[PDB]
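To start, the structure under review is shown below, and the notes come after it.
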Amino acid sequence: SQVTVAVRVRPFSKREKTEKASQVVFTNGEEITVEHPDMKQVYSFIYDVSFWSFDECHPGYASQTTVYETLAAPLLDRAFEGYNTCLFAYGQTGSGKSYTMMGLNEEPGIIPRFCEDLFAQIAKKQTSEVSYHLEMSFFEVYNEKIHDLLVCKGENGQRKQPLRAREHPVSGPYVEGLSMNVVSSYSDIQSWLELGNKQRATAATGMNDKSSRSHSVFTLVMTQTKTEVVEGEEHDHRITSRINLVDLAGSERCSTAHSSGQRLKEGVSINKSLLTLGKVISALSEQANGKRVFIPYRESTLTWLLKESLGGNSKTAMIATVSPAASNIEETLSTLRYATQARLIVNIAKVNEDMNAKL
Amino acid sequence: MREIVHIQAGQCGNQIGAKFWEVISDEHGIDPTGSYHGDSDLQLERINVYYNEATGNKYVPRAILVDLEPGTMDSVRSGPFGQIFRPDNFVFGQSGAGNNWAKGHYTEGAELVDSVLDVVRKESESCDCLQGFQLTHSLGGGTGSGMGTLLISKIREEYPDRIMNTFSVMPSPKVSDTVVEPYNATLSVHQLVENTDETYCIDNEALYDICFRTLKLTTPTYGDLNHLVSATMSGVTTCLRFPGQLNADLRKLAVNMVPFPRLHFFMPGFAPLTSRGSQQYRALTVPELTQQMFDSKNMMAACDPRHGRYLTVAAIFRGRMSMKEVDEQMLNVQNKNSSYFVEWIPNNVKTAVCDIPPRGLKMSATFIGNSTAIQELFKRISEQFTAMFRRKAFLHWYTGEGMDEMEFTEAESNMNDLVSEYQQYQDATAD
Amino acid sequence: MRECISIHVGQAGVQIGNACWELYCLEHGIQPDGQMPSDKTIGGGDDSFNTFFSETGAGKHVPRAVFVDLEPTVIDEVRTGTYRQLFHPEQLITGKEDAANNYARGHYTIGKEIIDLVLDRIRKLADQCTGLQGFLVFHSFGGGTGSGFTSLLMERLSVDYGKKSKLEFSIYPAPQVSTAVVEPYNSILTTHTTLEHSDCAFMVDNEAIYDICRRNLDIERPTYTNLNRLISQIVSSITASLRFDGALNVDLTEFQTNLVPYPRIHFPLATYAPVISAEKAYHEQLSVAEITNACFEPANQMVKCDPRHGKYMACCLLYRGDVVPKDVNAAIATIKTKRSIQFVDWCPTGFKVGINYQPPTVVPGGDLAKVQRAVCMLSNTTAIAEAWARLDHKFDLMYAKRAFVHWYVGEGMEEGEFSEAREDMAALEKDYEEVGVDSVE
Ligand SMILES: CC(=O)O[C@H]1C(=O)[C@@]2(C)[C@H]([C@H](OC(=O)c3ccccc3)[C@]3(O)C[C@H](OC(=O)[C@H](O)[C@@H](NC(=O)c4ccccc4)c4ccccc4)C(C)=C1C3(C)C)[C@]1(OC(C)=O)CO[C@@H]1C[C@@H]2O
Ligand SMILES: Nc1nc2c(ncn2[C@@H]2O[C@H](COP(=O)(O)OP(=O)(O)OP(=O)(O)O)[C@@H](O)[C@H]2O)c(=O)[nH]1
Ligand SMILES: Nc1nc2c(ncn2[C@@H]2O[C@H](COP(=O)(O)OP(=O)(O)O)[C@@H](O)[C@H]2O)c(=O)[nH]1
Ligand SMILES: Nc1ncnc2c1ncn2[C@@H]1O[C@H](COP(=O)(O)OP(=O)(O)O)[C@@H](O)[C@H]1O
Ligand SMILES: [Mg+2]
C-alpha cells in the first residue's frame, strides 16, 4: 500500500567529459535542485528517497548494494510473508538504466542480488518438512498487444503470436497460452533473459541506433508448500506469491525527431501506457492515505495484467534513472515530473464530525 | 471531404435506416428514384458526406445492411424509399439468430462477416477522405448485438484512427421485448466500451412517454420513434453538411464529451418537439429550446439526470440566431443548476451552430450529455443478470455454441467496474 | 513602398477577414470584382493603396492575404460568396479533416503536410514587395487550429524571416463564457511557445463585445458579424497610418517598440470609444475629451479585466479624422491628473500618440454610425495576469485527474509538455507581479 518512488543521478560518461558539457543536477541533501544554464529559472524536486552517484567522495553515495538494501530487500521480505510485489523502472536511452537493473558481470545491478538472496533464503529456510517452488514468465507489450519473449518463432518472418488477456473470477487476470518455465539456479535465469532481450522490439531513431519501443515484464511466481497435517500427509494451506519487475520504454515526445510512420504509432501507445500508469500510482498513493478512491486498471493492458500486484496487501516501488548533463536536460525533467507521484502530505484540508460518545 | 458509412443491422436498425434515409433524402432533396429536385445550391455541396454519385445524377447512398434473416430486408426493399440502396449491399444469410448473442458473434456471424468486410473496404476506399462510420443496432437480440459488435471489433482493428459511432436501442426497465436482454446487452457492453469512441444510448419507454406527454399522440407506432431517432442522427452531423458560424464535427464531440475513454455513453435529445395543435401557442426562440432540452422528460435515456451530475454537454443548434443568447442561456444552465454539474471541470458545456435549418422549422436544437446517472441502466441489467446466472436459467443455449461460464463473468465485472467508475465522480465531495 | 501581410488562421480569422476586407475595399473605393471605377474616372493616383493590395495590368487588385482553416465548411463560402473574384484562388482548403480542438492535431498530425504550401505562398507574396513586412495573424485561442497551426507558423517564420515585426489580433477566452471545454489547455500551450516568437499580440474577448454592443450600440440579439465589424474598425484605425496620410504616423515597428518594454509582457488590450448608434449619434458632441476619458473607462474595454486592480505600463492612442493635437494634450493632462488611473514609477511619459487625417467609413447594414472622428487605444497593463491566473487555475482543476489528455497523446504529445507549459506560465505571472512593484533606493 505504497509507491516508494526513487531516483538515481548517474555520473558523467567519458564522451561527455571529453566533450566537457556542464553539470546542472545538484542536491540539497535529500531535496534536489536543478539550474537551467540560462541563469533564469530554478526547479525543485522532493522524493521519499534520492540516490546520488555523481562523485564518489560525497556522503550519501548510492552504489548498487545501497540500491538493493534500500529498495529491493523489503519486496523479498514481503514476498516471504505470502503477499505479492511489483517494481518499475523508467529512463530515456542513455540515462543509465540497464546498468541499474541487470548490471554487468563485475558490477552487478538489482536483479542478481534479488535472485541470489532468493536462493540463499531458500537454502536457509527450507527443511525436510517445508519446500519452495519457483516459476518464471517473461513477456512484452507492443501497441497494447501482448507478445511472449520466451519463445522462438518459425522460420517465417514477422509472425509474432499475439496472445489474449482473460479475467479469472478468483485467481485474477492472466494471459492465455503463456509459457511458464521452471528455474532453480541463476544460470537458467541469465539464459532465459538472454533469449528474451534479443527478441525484444528495438529500432533506430535520431537519439541512438538501439532504443526500446516496447514494455517488458519479468514475472516470478513462488509457492510455499508448508502444508503438513499432524494426522498424516495432507495439505492445508499453500501460499502463492507473485514477484514482478518491469522495464518500461521512454515517453519520446514527437517534435525534435519527426516520426512519420509506424514509430509514431508505437510512441503514442507507449505514452498512453505511461500516463495511465502514473494515474494508477497516484490513486494507490491516495488509497494509502485512508481515502477511498477508484483505481482505473482496465484503462490499459500492463495494469490489467498486474491488478492483484498493486492493490490490497501488496507492495510496490519505482525507480527513475535520469541524466546529469545539460544536453539531456529536456528529456530529464520529464522523468522527474513523471515521478513526483507520491503527494504524501501537500496541503490537505480538514473537516470532521464526531460526537455522542456518551449517554 | 468528410464521409460516413452507415452499417445497419437487425430488425431495429433497418427500420431506423429506412426512416433515416427517408429524412436525409428530404434534407438533401432526393426522390425514391435517385434524382434531385432541390431548391438551393447548398443542398448538394456536401451530399457526399452520406451519399455517392452515379451516371445520370442518381446520388446513390452508402449503406451496408447486415441482417441474418431476410424478413426486414424484404420489407425494406418493397417499401417507399427501398429502391435506391445498392443491391450488392443487401447482405443476408439464413438460420436467424433467435435472440441469441452466440449466434451472431461466434459461429454463424463468422460465416457472413467476411462479405461485409469486403463491402466495407469497397465503400471506404472509394472515399477521398474518411471521418468515421456508423452502426444502428439493438441490444436485446442476436444479430444487432453479436454481428454488430464483431464488425465493430474487426473494423476498429483495421481503421483505428477513424471514428466509430454507435446508436443503440438499449433495453428498458419494465417491459422487455425479449427474455434474454441482460445477457446479450452485458456481453455486448463488454465489447462496446473498449472498442468504440462514442455511443449514444437510446430506450423506447422514454420515447413512448415523449410521444404521449409532449406530442399528445394516441397511436404511436415505431415509425414515429424512428422519426425522432432520425431527427437526432440528422442534427448530430449538420456541421459537416452545411455552413455555419461556429462549425464542428463528430471528432469534436467525441473529444470534448469523453474525458476518459470508457465513459462515452451519452443521453441524446431533440427540440422543439410540440403537439400538432399546440404550435400556435409557443414562441420558437432559444431559451425555450434550452429549457426543453435539459428537461428530463425529453431525454431518451430512461433516466432522470436529476438523480446525478452532468459531466459534459454538447448542444448543436440550427437556424438564423444569435450566439449571445446561446452563451448566456448555457451560462445560466451552468450556474442555476450547479448541483447537477461537475466542479473539477469549470465549463461543462459547448456549442455548435448551422445557419441552414431543417425543411419546415425556423430553428432546432439537439442535445448530447455524459452523466453519472446512466449507471442506473447498467446497475439494473447486472441486477437482472446475476439473478439468472446464479441459477443458470438460459445458459445452455449459449454454451451449445462455443462459450463457457467465464466470459459472462468478465462482462459482468467490467460493467460493474464501469458503474463504480461513474460513481467516483458523483458524490458531492468538498476538498 | 510599405506592405503588411495579413494571415488568418481558422474560423475566427476567416470571418474577421470577411469583415476586415469589406471595410478595406470600402475605404479605397474598390469594388468586389477587384476593379476601380474611381481610376476609370481619374486615370491615375495611388488610391489603390498598396500597403495591403497588389496591382496588375487589367485595373485589377488582389489582397496580400491568405487564409486557412483545415475546415472547408468556411472557405467554400468565400469561393462561392460575394468575394470570389477578388482573392487569389490559393486559399488552403487542405482540410480533409478538422483539428478536433486538440493542439496536437494542429501542431503535429494534421499541422504537418499543410504548412509548406503556406510558406511557399507567403514567399511568393513577399518577393512581390520591395519594402516593409508585417505578419498580422488573425487567430484564436481554445481551438486546435488557431493554437497549433499558429504556433508552428510563427515558429517557422521566426527562422525564415527573423527581424520582422509579427503581430496577432487574438481572441482571448472569456472567463465564464465559452464554446469549448478543452479550451484552456490549448491557450496555455500556445502562450508557452508564442511568448518568444511573437512581438506583440493583441487580445479581445467576446463577452466584452457582447456587453459593449448591448449597452451602447443598443442591439440585443447580435450575431458574430456585428462583433467582427468592430474589430475590423480597430484594424483599420491601426493600419491607416501606413495606408493614408496624416500629421503623425505610427508604423508597425513603433507599437512593438513603445508598448513592449520587457519582451515577455507583450500582451496588451484594446478599445474603441465611439460605438454609438445613429440614435445616440445625435445628442452627443463627440469631442476628444469624452473619448480619451471613455477609452480608459471600464465597460467599454474589449476584454473583461478591471484595470483598476492593476497599473498601466504603457498606452498608445491612434486617432482618425478632424483632430486638433491641442485637445489631445489637454486630454492626456486630464487623464494624468486623475487618481484612479495609476502608472508605473518607471514610465512617466507613458503615451504614444498617432494622428491620421481620414475619418472612418460606414458599412451598410451595420450598427455603427457616421461620425467625424474615431479613436483606438492599445494599453499595456498589469491586470490581465488575473485573467491568466483563472486559466492557470482551471488547467489545474482539469490536470490533476489527467482529463482530456488521452486525446492529446493520441496525436503524438507528451504529458510533460503540459507541466512545462504550466511552469513557463508561472514565470510570466510573476513578471506581471514584479514590475508593478514601485522601486526603492
Ligand atoms: C409548423 C410546421 O412547420 O409543421 C411542423 C409541425 O407542426 C410539428 C408538429 C412537426 C411535425 O412532426 C411530426 O409529425 C412528428 C410527430 C411525432 C413524432 C415525430 C414527428 C411534422 O410532421 C414534421 C415537419 O418537420 C419536418 O419535416 C422536418 O424536416 C423533419 N423531417 C420530417 O418531418 C420528415 C419529412 C418527410 C419524411 C420524413 C420525415 C426533420 C427533422 C430533422 C432533420 C431533418 C428533417 C414539420 C415542419 C411539421 C410537421 C409536418 C407537422 C415536428 O417535427 C419534429 C420531429 O420536430 C413535431 O414538432 C416539430 C415541429 C412541429 O411540432
Ligand atoms: N470574435 C469572434 N470570435 C470567433 C468567431 N468565430 C469563432 N470565434 C471564436 O473561436 C472559438 C472557437 O474557434 P475554433 O475552435 O478555433 O474553431 P476554428 O477557428 O475553426 O479552429 P478549429 O475548430 O480548431 O479547427 C470560440 O470560442 C469563438 O469565441 C468570430 O467570428 N468572431
Ligand atoms: N426503437 C425501435 N426498436 C425496435 C424496432 N424494432 C425492434 N426494436 C427493438 O429490437 C429489440 C429486438 O431485437 P431484434 O431487432 O429482434 O434483434 P435481432 O433479432 O438480432 O435483429 C426489441 O427490444 C425491440 O424493442 C423499431 O422499429 N424501433
Ligand atoms: N552508477 C554507475 N556506475 C558506473 N557506470 C554507470 C553508472 N550509471 C551509468 N553508467 C554508465 O552509463 C552507460 C549506460 O549505458 P546504456 O546501456 O546506454 O544505458 P541505458 O540502459 O540508459 O540505455 C553504461 O555504459 C554505464 O557504464
Ligand atoms: Mg474549426
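Alphabetical chain letters, starting from A, follow the order of the sequence lines given. Numbers in chain A come straight from the PDB entry, and the residues shown are 392-750, in order. We number chain B the same way the PDB entry does; the residues here are 1-431, in that order. So for chain C, numbering is the PDB entry's, and the shown residues are 1-441, in order. This entry, so its header tells us, was determined using electron microscopy, 3.3 Å. Keep in mind that the numbers below use all heavy atoms, side chains included, and drop hydrogens, waters and symmetry copies. As the structure lists them, so they are numbered: ligands from 1, and atoms in each ligand from 1.
- The drug name recorded for ligand 1 is Taxol.
- Lab note: main contact partner of Taxol (ligand 1) (name per the PDB entry) = Tubulin beta-2B chain.
- The other chains with any non-hydrogen atom less than 4.0 Å from Taxol (ligand 1) are B.
- In this deposit, the organism assigned to chain B is Sus scrofa.
- For Taxol (ligand 1), the residues with any heavy atom closer than 4.0 Å are B:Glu22, B:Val23, B:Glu27, B:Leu215, B:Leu217, B:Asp224, B:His227, B:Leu228, B:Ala231, B:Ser234, B:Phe270, B:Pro272, B:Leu273, B:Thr274, B:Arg276, B:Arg318, B:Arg359, B:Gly360, B:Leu361.
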